[PDB]
Amino acid sequence: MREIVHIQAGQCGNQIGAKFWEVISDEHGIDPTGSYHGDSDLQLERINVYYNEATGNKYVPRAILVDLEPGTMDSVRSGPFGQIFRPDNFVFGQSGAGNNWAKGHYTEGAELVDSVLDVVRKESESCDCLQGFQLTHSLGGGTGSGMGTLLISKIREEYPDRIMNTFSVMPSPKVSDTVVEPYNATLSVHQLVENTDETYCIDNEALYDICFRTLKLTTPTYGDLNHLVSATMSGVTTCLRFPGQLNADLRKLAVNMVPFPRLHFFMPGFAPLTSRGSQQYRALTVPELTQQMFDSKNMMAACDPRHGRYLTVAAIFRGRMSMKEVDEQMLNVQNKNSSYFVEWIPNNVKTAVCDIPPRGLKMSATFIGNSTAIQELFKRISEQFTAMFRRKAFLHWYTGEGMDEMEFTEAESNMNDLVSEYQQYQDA
Amino acid sequence: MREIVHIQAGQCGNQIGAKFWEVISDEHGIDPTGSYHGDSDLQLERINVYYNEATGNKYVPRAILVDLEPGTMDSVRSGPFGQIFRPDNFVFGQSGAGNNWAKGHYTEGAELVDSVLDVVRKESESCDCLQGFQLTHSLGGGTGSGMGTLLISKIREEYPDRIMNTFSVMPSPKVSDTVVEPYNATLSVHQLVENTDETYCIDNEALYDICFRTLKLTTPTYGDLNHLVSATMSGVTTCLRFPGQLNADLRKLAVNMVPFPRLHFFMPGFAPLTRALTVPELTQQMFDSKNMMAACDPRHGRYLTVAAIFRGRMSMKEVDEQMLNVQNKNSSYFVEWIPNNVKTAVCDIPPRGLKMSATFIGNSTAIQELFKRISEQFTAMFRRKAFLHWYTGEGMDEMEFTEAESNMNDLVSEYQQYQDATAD
Amino acid sequence: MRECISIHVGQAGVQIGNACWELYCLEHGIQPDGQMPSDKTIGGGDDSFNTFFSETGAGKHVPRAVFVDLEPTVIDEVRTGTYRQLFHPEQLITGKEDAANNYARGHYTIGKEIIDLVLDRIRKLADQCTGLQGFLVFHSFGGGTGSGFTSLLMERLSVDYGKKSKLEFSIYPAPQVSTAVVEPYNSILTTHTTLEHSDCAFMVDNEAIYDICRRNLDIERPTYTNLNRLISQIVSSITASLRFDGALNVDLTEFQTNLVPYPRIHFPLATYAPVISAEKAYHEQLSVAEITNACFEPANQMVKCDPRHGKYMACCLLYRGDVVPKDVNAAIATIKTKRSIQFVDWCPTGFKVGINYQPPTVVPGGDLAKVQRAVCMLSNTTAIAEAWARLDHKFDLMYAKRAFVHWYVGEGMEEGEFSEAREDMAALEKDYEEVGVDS
Amino acid sequence: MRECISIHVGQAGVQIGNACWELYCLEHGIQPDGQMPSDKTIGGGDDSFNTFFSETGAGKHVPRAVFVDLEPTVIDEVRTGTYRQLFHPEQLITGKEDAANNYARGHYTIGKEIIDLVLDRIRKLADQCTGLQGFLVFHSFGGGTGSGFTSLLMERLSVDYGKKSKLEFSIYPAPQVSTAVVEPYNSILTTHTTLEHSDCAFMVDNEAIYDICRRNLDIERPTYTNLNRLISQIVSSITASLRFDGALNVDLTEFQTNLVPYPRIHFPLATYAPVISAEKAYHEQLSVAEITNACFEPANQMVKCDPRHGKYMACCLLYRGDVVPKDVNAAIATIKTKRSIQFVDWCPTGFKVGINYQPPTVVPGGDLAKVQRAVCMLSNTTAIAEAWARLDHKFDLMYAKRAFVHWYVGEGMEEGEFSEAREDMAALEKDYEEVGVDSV
Ligand SMILES: CC[C@]1(O)C[C@@H]2CN(CCc3c([nH]c4ccccc34)[C@@](C(=O)OC)(c3cc4c(cc3OC)N(C)[C@H]3[C@@](O)(C(=O)OC)[C@H](OC(C)=O)[C@]5(CC)C=CCN6CC[C@]43[C@@H]65)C2)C1
Ligand SMILES: Nc1nc2c(ncn2[C@@H]2O[C@H](COP(=O)(O)OP(=O)(O)OP(=O)(O)O)[C@@H](O)[C@H]2O)c(=O)[nH]1
Ligand SMILES: Nc1nc2c(ncn2[C@@H]2O[C@H](COP(=O)(O)OP(=O)(O)OP(=O)(O)O)[C@@H](O)[C@H]2O)c(=O)[nH]1
Ligand SMILES: Nc1nc2c(ncn2[C@@H]2O[C@H](COP(=O)(O)OP(=O)(O)O)[C@@H](O)[C@H]2O)c(=O)[nH]1
Ligand SMILES: Nc1nc2c(ncn2[C@@H]2O[C@H](COP(=O)(O)OP(=O)(O)O)[C@@H](O)[C@H]2O)c(=O)[nH]1
Ligand SMILES: [Ca+2]
Ligand SMILES: [Ca+2]
Ligand SMILES: [Mg+2]
Ligand SMILES: [Mg+2]
């Protein structure tokens with residue numbers, strides 16, 4: 001069945017994780033109680049990529065919920081689809097991580113990590129043909145950030161030949177005000193560079209801009225931010241969950257999207273941008289979809305694509321629409337911005353269509369780009385980090401947990417290498 | 001509770017000792033029979049400090065009376081409140097002292113000191129938490145000055161970590177012509193410097209001058225002087241006897257008042273001396289050389305430390321302001337190298353008769369005038385070896401008299417040395 | 001009588017293979033359950049059709065074919081399709097995970113664990129042959145299994161059947177329907193490795209089939225099903241001479257003799273005409289002369305190139321239907337003056353011709369109109385080298401930055417095997433250049 | 001879980017302790033007998049207020065606190081006061097003889113006789129916690145018990161609980177209500193000894209609180225009762241983050257990650273607003289903007305310094321009441337622009353904000369007005385050193401003539417410890433200067 005094991009860690013990981021499972025459950029015709037209730041057999045054909053089947057013809061998300069504090073879980077458990085998750089798959093502690101990567105990764109996290117791996121291992125021995133794992137987490141905190149990357153490393157050790165995929169929320173001082181977030185983020189990017197096959201960079205800076213500038217939400221909440229993450233996560237996992245010829249599994253996607261091992265950080269995009277609650281009076285024309293998804297304003301990472309070059313792009317259209325017109329409009333976009341795609345990777349734009357649209361939208365499009373402009377995101381973090389690190393400010397929070405400062409120097413170095421390596425290929 | 005053990009040795013010691021117990025018993029509402037009959041609970045909150053609560057709800061002064069010649073003791077037992085004292089605490093001799101310090105300290109005094117120590121021990125063991133000791137005596141006679149200091153030294157050995165407080169009456173020719181006084185005073189001051197923690201200098205020269213010039217009582221009697229002493233003693237013990245936050249016990253006083261071990265001789269002051277007067281007037285007078293109970297001009301030295309105590313109903317705001325004015329207006333007379341060295345207590349219960357009163361306790365370098373005047377006299381007699389017979393007679397040596405001479409010279413030198421010192 | 005075993009590798013091979021066998025059945029009158037009323041010898045035969053179908057004592061005619069794909073989805077269709085009873089489980093081989101569009105994963109990693117199984121199944125069919133002539137191998141250039149596994153198989157088949165012919169049907173990668181950016185890599189790797197092991201390979205460019213479907217069939221967005229039904233028409237035409245009584249291209253060896261003078265230049269261009277929409281309202285039935293002329297129009301080639309700027313080494317005209325020798329010879333002399341047909345000096349300027357009286361069979365419900373006469377031209381022209389040039393230039397573009405190379409090295413391949421495969425293709429381009437350098 | 005144990009040391013700590021616990025009871029609806037009718041979870045529970053209140057079988061809510069003093073008369077007031085039934089007798093610990101304003105006596109001579117007992121009573125509280133977070137230590141700088149015994153206790157807590165966090169509420173001495181000439185010696189001695197045992201310390205300058213009570217509350221001659229009541233509203237706002245639950249609330253732990261850049265720089269400056277009399281509150285509704293603009297006025301600060309003549313390393317604004325994010329944003333804007341806020345180059349960001357929708361409260365019989373919203377700003381500024389400076393000067397003025405040191409040595413102390421301290425304090429003054437120096 002080519003199963004995926006889904007792990008969500010920490011507050012952000014579990015909140016965006018839970019909304020993901022709610023969104024795709026609705027799309028696949030599963031209800032809060034785990035019963036199938038759909039009109040199409042197209043929904044059940046690959047249902048096993050994300051869901052396990054029990055007796056009762058019930059579907060249980062192949063999902064592990066991990067946190068170091070007892071809240072959040074309670075929250076998830078009481079959420080609308082709280083009851084679908086397997087109880088034995090809730091793994092949480094009591095200490096918490098205090099937004100401290102060192103606590104998540106080395107001290108508090110280490111006490112809980114072994115019991116997490118049993119449930120991961122439990123879930124994996126059940127799979128007929130395991131693709132690999134996907135993890136949701138933020139990088140600015142401590143559990144999702146610090147413990148999250150520990151889990152990736154330990155899991156890779158047990159399954160070194162499986163795909164490791166993450167949805168990684170990048171911190172922005174527009175959305176939070178905890179001064180150490182750039183420390184946690186830099187430490188986490190270093191890990192992700194070494195230990196994941198594909199990472200979707202979900203940038204809270206762009207989520208803030210979309211909500212505040214484009215959707216005109218003057219008091220944005222994490223609920224608002226997560227509405228976009230879940231729309232984006234349903235979109236980018238469409239090729240895995242429905243019949244299709246392109247990027248239909250994690251490894252085939254990696255071979256199409258990752259030309260060089262370290263350059264596996266994707267810019268997601270979604271169109272139309274919509275705020276929850278509101279209704280769509282007029283859908284958008286395939287032309288409108290296509291123009292928008294390539295527009296800087298629709299990117300989930302706060303980087304201007306025009307400032308770099310695309311190495312590879314995947315585009316996934318959903319809804320009933322002219323396959324002919326999609327082709328025509330995708331060619332127009334490439335022919336119209338042909339200077340923004342590198343010339344030495346021929347035919348590097350690939351297009352998918354899936355007839356099942358997402359809830360509330362008649363037509364949607366999801367953009368997955370491997371663009372060199374992602375360096376602006378890492379440069380932003382890099383600037384914040386050095387402003388503090390050059391004075392060793394707030395370091396005692398980490399050294400007190402046993403970390404040395406040499407380990408900070410390496411994370412900054414690896415991240416500056418990553419930035420310059422993107423710059424290398426931009427001038428090719 | 002925090003008990004003080006009161007000891008009065010000698011005529012002066014027992015005279016002002018007796019007047020003291022009358023004034024404070026009255027303030028606390030204790031009658032001659034030990035029964036409380038007062039109107040405010042404030043009178044009883046800290047009554048254990050000076051009184052033992054015996055059964056029958058009777059309060060008995062925690063006071064030991066000592067003398068080498070009865071009668072004075074007899075007059076005290078007959079005087080008002082004489083029956084309030086415990087009969088076992090009367091400890092008196094026969095040989096007397098004959099105004100001879102050597103007789104009080106080395107011979108007659110010593111052969112009776114053991115009898116006193118048993119009473120002190122008994123009184124101390126009864127105490128929940130002994131503060132220390134409080135002795136009243138003169139320095140000119142023989143028992144008070146001579147046996148008094150011997151008694152202190154013996155107490156200090158058994159209670160080395162307790163506070164030793166003394167009300168000491170300095171001799172003035174204006175009031176006594178025993179001629180040998182300057183010997184007994186100097187040998188006494190030599191002892192107080194080493195063995196007491198805090199000493200109030202009650203200078204008979206000041207009491208006479210206040211009764212004569214100020215109170216206008218030509219040819220004044222001991223009863224007149226002791227009205228100023230009793231007033232004064234009541235004043236400087238107010239914060240020990242009523243609830244309060246500042247100098248509420250003998251050790252806290254010593255920590256605020258004694259910056260260097262030997263400089264522990266305090267200048268008492270009282271206002272008004274006895275129409276009613278205001279808080280500004282009260283403040284001005286208490287810092288005026290003419291309201292000092294020691295023959296010393298404070299404009300002739302500098303204050304190391306000062307405690308002020310206002311008693312009565314009045315505006316605390318007014319008190320704070322007036323205190324600041326007087327420190328500022330007189331800034332030159334306070335050492336700058338002790339910041340905020342004037343503390344101020346305000347007990348709302350006035351003494352009997354007055355509506356409000358101020359009490360001054362100064363550690364001023366100008367007190368060297370009192371020691372210099374005694375020293376001048378001492379040398380004006382020891383230089384002729386005059387009357388060295390009364391003292392050598394009892395076996396005392398030549399040196400002793402000289403050591404007290406240079407030792408008190410040093411004290412005057414230290415007060416001067418810190419008066420001249422600067423912050424930069 | 002000599003048999004032919006068919007080998008279908010990867011999705012392209014299986015779906016195209018599935019297309020061909022249905023059309024073979026409609027041409028020979030074999031029903032989906034394997035019963036062939038026309039067959040009068042029950043349980044045996046040495047008829048022309050027995051070269052592709054064996055027989056059972058129960059009258060079942062089953063394809064002499066083997067399907068192999070590293071993932072089951074595509075082969076499952078065969079197992080549940082409308083012709084499921086034609087095949088028996090032992091000739092349907094699948095794996096667990098595929099080559100992930102990675103030649104190295106198909107050749108080395110996943111290939112090594114299944115090569116001996118596949119060969120075993122093929123051996124089982126082979127032992128049932130009295131005079132096996134060789135194999136027809138269907139596969140894509142671009143997929144991991146089609147490119148990587150095929151090369152392994154081709155090599156093993158040369159070892160275990162050293163004395164057999166090996167024909168290829170190859171799908172050449174076109175952007176309009178490709179699914180991996182790395183297909184040019186896979187294309188050059190598999191070509192380099194299969195080149196020495198394949199006697200004659202028919203290249204079909206998806207681009208060509210895509211536009212023919214659009215232009216001639218009115219198919220707005222051709223699917224694989226559209227592409228594969230047209231491809232089966234071409235494949236069938238090429239193999240028609242093996243399955244019917246006749247005298248041209250009657251055995252695998254004759255394909256190489258007639259079409260392949262040079263071993264390395266073994267890539268004949270196929271041209272098919274006419275392609276007519278079945279949804280059309282009756283059409284001017286074209287003449288022999290007209291469809292023969294159509295063989296020299298680029299728009300009907302299976303690989304877009306321009307045979308005018310190259311040289312022929314061999315040409316085979318295969319007619320199906322209402323065709324008689326006089327009209328063909330009279331069409332040829334006409335074309336030979338109207339069109340520039342320049343053979344290489346060391347070759348006779350001439351055409352081998354084949355007529356099959358049975359007209360083309362069309363799958364009921366397909367897109368192709370039924371016609372009374374059709375022709376497939378097989379021409380070994382140097383013009384086909386244009387497709388190597390295009391392919392190699394894209395390879396060069398990516399390889400210069402080593403883009404995607406790590407995916408192959410991670411599967412145990414060495415970087416050197418890239419520049420080596422590229423060097424062989426560099427040599428192959430020069431061979432075409434030498435053979436066709438008059439102007 | 002995540003309980004917090006309160007330790008009130010000496011008169012100031014104890015008197016301040018009374019005011020805070022009274023305020024807490026008013027805030028959570030707890031009566032003087034310990035009953036809380038609005039709490040269903042009887043006998044036990046996991047509610048937010050349980051971080052400061054334990055529960056008995058009978059439904060009593062008992063403060064997680066210990067009162068300690070070397071004399072009995074201040075704590076006797078707690079034993080007999082309105083809230084006497086609130087505390088278990090083992091929580092009120094008293095000796096017989098105090099430190100006499102002498103650090104040496106509280107740390108050594110007298111402290112040694114009662115320290116073991118206090119640690120045992122603390123152990124009994126700790127053992128009732130499911131997840132002890134840390135300690136809150138209230139004490140004066142100037143008293144012998146507040147200074148000498150506190151430092152001893154902090155040393156002993158470091159040994160028995162390791163790195164378990166310790167926050168200090170410290171009364172900085174002021175002449176207007178000081179009770180000992182030696183309070184500078186005690187202040188420097190206690191600050192040196194506790195500096196490495198304390199994670200974060202909130203100083204309250206008695207002169208600053210004195211002045212604010214006179215000016216903003218029109219109290220001619222403020223008492224300790226006036227001060228302790230304003231001092232409590234500050235503690236309640238730093239603790240509300242843990243005693244109450246909400247969506248925009250932030251725990252002190254997150255603020256601390258931002259208010260302590262380096263280990264020794266752990267002294268935040270506190271500002272509260274609005275401090276107004278009912279007489280002036282009537283006809284006046286201080287807006288979120290006005291209150292915030294007040295937290296930057298150099299005269300509404302609980303420690304006398306000019307935040308302007310220095311650089312900020314963090315400004316954390318904890319709001320409470322009718323506050324909504326939108327208004328907070330506008331305010332912070334207006335301020336930044338029309339005001340003097342200079343942050344350091346090594347501090348990306350700089351502001352941390354939070355809202356506790358639990359309304360502010362006032363003790364019946366108080367001198368503060370019931371407002372609908374209030375703000376507490378906790379700022380780490382290089383200007384708090386003006387305080388360490390002033391104090392250090394008084395010390396240097398007396399030590400030179402070695403004044404009053406005979407009292408400290410007579411109890412065992414040595415001149416060395418007096419200099420060892422002046423040096424740590426000179427270092428801290430340098431450390432605060434260096435943290436502001438810009439980068440190269
Ligand atoms: C989607 C998650 C989010 O809801 C996004 C913001 C922050 N929090 C929610 C609550 C919130 C916000 N502001 C609050 C103020 C007090 C109490 C709570 C809040 C939030 C808002 O205004 O409601 C919609 C908000 C916050 C900020 C905010 C905007 C904002 O509203 C969108 N700003 C982006 C930053 C900010 O620092 C900034 O850089 O200016 C733009 C901003 O500065 C000003 C004066 O606007 C400000 C506002 C208090 C100042 C100091 C602290 N920083 C951190 C982030 C920032 C804030 C919204 C989480
Ligand atoms: N004409 C045609 N081309 C096809 C078909 N299937 C795939 N292709 C093309 O062949 C290439 C991909 O080869 P596949 O057959 O999908 O690969 P595979 O052999 O399954 O290999 P892996 O699955 O990667 O191991 C692309 O260029 C496709 O466009 C088909 O049915 N018909
Ligand atoms: N704000 C405030 N300061 C107080 C209070 N009580 C005492 N202080 C201050 O504390 C300092 C003296 O310490 P105290 O608390 O009185 O004494 P202690 O700590 O009990 O020590 P000892 O008296 O030696 O036993 C002075 O600066 C007082 O102003 C109070 O209730 N509030
Ligand atoms: N988009 C989004 N971001 C979140 C959410 N929750 C937290 N964050 C961000 O994640 C970071 C905090 O990480 P957190 O979840 O508390 O980490 P943890 O301590 O490991 O659980 C900050 O940068 C927040 O802005 C959420 O629901 N959605
Ligand atoms: N103020 C005051 N001084 C006194 C009193 N009796 C004696 N003196 C002084 O004390 C000195 C004599 O001390 P005296 O009582 O005879 O000492 P004793 O022999 O030890 O009892 C003289 O200088 C007197 O001035 C008294 O009742 N009041
Ligand atoms: Ca037959
Ligand atoms: Ca409860
Ligand atoms: Mg496949
Ligand atoms: Mg005290």
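The sequence lines fix the lettering, A, B, ..., with proteins before strands; numbering per chain opens at 1. All ligand and atom numbering here is 1-based and tracks the order in the structure.
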Check: Which compound, drug or drug candidate, is present at ligand 1?
Finding: vinblastine
Note to self: Any idea which macromolecule vinblastine (ligand 1) contacts most in this entry, and what the PDB entry calls it?
What the structure shows: Tubulin alpha-1B chain
Notebook entry, point to check: Which other chains are in heavy-atom contact (under 4.0 Å) with vinblastine (ligand 1)?
Noted result: A, D
Item checked: chain D organism per PDB -> Bos taurus
Next item on the list: Nearest UniProt active-site residue of chain D to vinblastine (ligand 1), heavy-atom distance to 1 Å.
Entry: D:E254, 10 Å
Check: Under what name does the entry list chain A?
Finding: Tubulin beta-2B chain
Notebook entry, point to check: Which UniProt GTP binders of chain D are under 4.0 Å from vinblastine (ligand 1) in heavy-atom terms?
Noted result: none
Notebook entry, point to check: Which residues would you count as binding vinblastine (ligand 1), with heavy atoms within 4.0 Å?
Noted result: A:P173, A:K174, A:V175, A:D177, A:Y208, A:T218, A:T219, A:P220, A:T221, A:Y222, A:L225, D:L248, D:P325, D:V328, D:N329, D:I332, D:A333, D:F351, D:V353, D:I355
